[PDB]
Q: 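PDB structure, Solute carrier family 22 member 12 holding benzbromarone.
The first residue in the sequence is number 1, and the count goes up from there. Method of determination (from the header): electron microscopy, 3.5 Å. Counting starts at 1 for both ligands and their atoms, following the listed order.
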Amino acid sequence: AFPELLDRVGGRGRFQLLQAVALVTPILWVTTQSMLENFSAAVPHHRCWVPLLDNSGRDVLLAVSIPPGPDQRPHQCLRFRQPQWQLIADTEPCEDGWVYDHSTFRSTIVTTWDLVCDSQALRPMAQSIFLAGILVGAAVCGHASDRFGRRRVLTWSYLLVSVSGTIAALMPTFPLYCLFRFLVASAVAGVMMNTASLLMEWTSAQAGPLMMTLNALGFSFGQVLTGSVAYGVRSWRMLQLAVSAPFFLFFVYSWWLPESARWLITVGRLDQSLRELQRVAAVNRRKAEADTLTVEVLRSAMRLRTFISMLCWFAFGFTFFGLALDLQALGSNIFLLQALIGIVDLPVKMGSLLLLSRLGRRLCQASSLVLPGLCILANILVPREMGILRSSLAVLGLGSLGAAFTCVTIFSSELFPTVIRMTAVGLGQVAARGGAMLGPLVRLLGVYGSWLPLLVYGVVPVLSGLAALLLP
Ligand SMILES: CCc1oc2ccccc2c1C(=O)c1cc(Br)c(O)c(Br)c1
């Protein structure tokens, strides 16, 4: 009978707008802490330390000291034992440390801990560990927000994000940085599920479109907050602090938001629920029907399609979270991409949805997965002679893969007996954050050709979208 009390107490109005505003803002920084592994773990050009150069014809010394490399560059992993002055066979690996290029980044984690050359597989694992953390944090938090409430967990998760982000920026060794990022990811997943649920519960029956639109449209401007804070702070020890600092201020003000009124009824905390409903009504200024609440009323109140959705969610999660955490290979000028993956997400999603829904729901579902797969697949074909075309396709693709996140939820998830969609939307997400941990692991296949990662990242969504045409 809870919708009746909600209608008696409000619906739209004022409070349901300030709550949405105060809950949407953390989503931007939540995005910031997930795509931050693109400007923090950046790999600049690295060469081998030499006694002749870099103190104890500059080009002549560079040519005589380092053997030439395959890709029209000096070798990044080998050096001459002695100066081969015959150049107007016998080589050893770098043992005096590397020298890096300090022209766009001052200090990345790679520069600090030498994650190059033989120790290359370490870099694509710090993101898999992060996503695994997200999964294990979104699994536990489910059976946590039922014995602790729903508002307290959000505040403690804000505090945990703040503390873990601050601590992870002052570690002296790699494994501690891997572990504290794991904790950060778990807390971030908890924040994102609790915020979604809190936005869900307090709203009326019209929670379907508006709130789920606001959550996504929040992630988009998010990308543009990374782009920006980056252009500003370049180092890596001063970036994690500058990103995790706002969460403490968020926790400080999160102590006043009223707790969800539906959970309080089912556990027997009637008096606090009455107080929360009364304060919500007072905020909403609809203090006319609040008199009727005299406790007694609240006392009385107290298979093929599923598989197709699973594959669609899995394909969406795998390609995006494995080709968007490597934008240094999709082009150049990183502080422009990871900053245009957003202004090309909102017009594109709106226009594509509006145009393709009238054709049909299944046509819209199919057209949103084959298109970006083909777009990404075409990227390897075009040579590097024209940069603008080399970089244009990826933005539109990764942009349209974002369109699945919305299209496959507010237009999909009805492919079932149609009782309530909330028992299917959650089931889809387990595969997304359970295939992104199987994401950047594909980038570990840089050896044995460099085109295979892009080929896989393009073919998998293509096959998923094409098989989606086999619904009957
Ligand atoms: C543009 C689409 C999009 O952009 C992001 C940027 C940062 C974090 C999540 C997302 C995101 C998601 O839809 C999403 C949400 C959750 Br929850 C996940 O576990 C995974 Br994987 C992906």
Q: Find all residues with any heavy atom less than 4.0 Å from an atom of benzbromarone (ligand 1).
A: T31, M35, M192, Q223, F316, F321, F405, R433
Q: Which transmembrane segments of chain A (numbers per UniProt, starting at the N terminus) have a heavy atom within less than 4.0 Å of benzbromarone (ligand 1)?
A: 1, 4, 5, 7, 10, 11
Q: Which species is recorded as the source of chain A in this PDB entry?
A: Rattus norvegicus
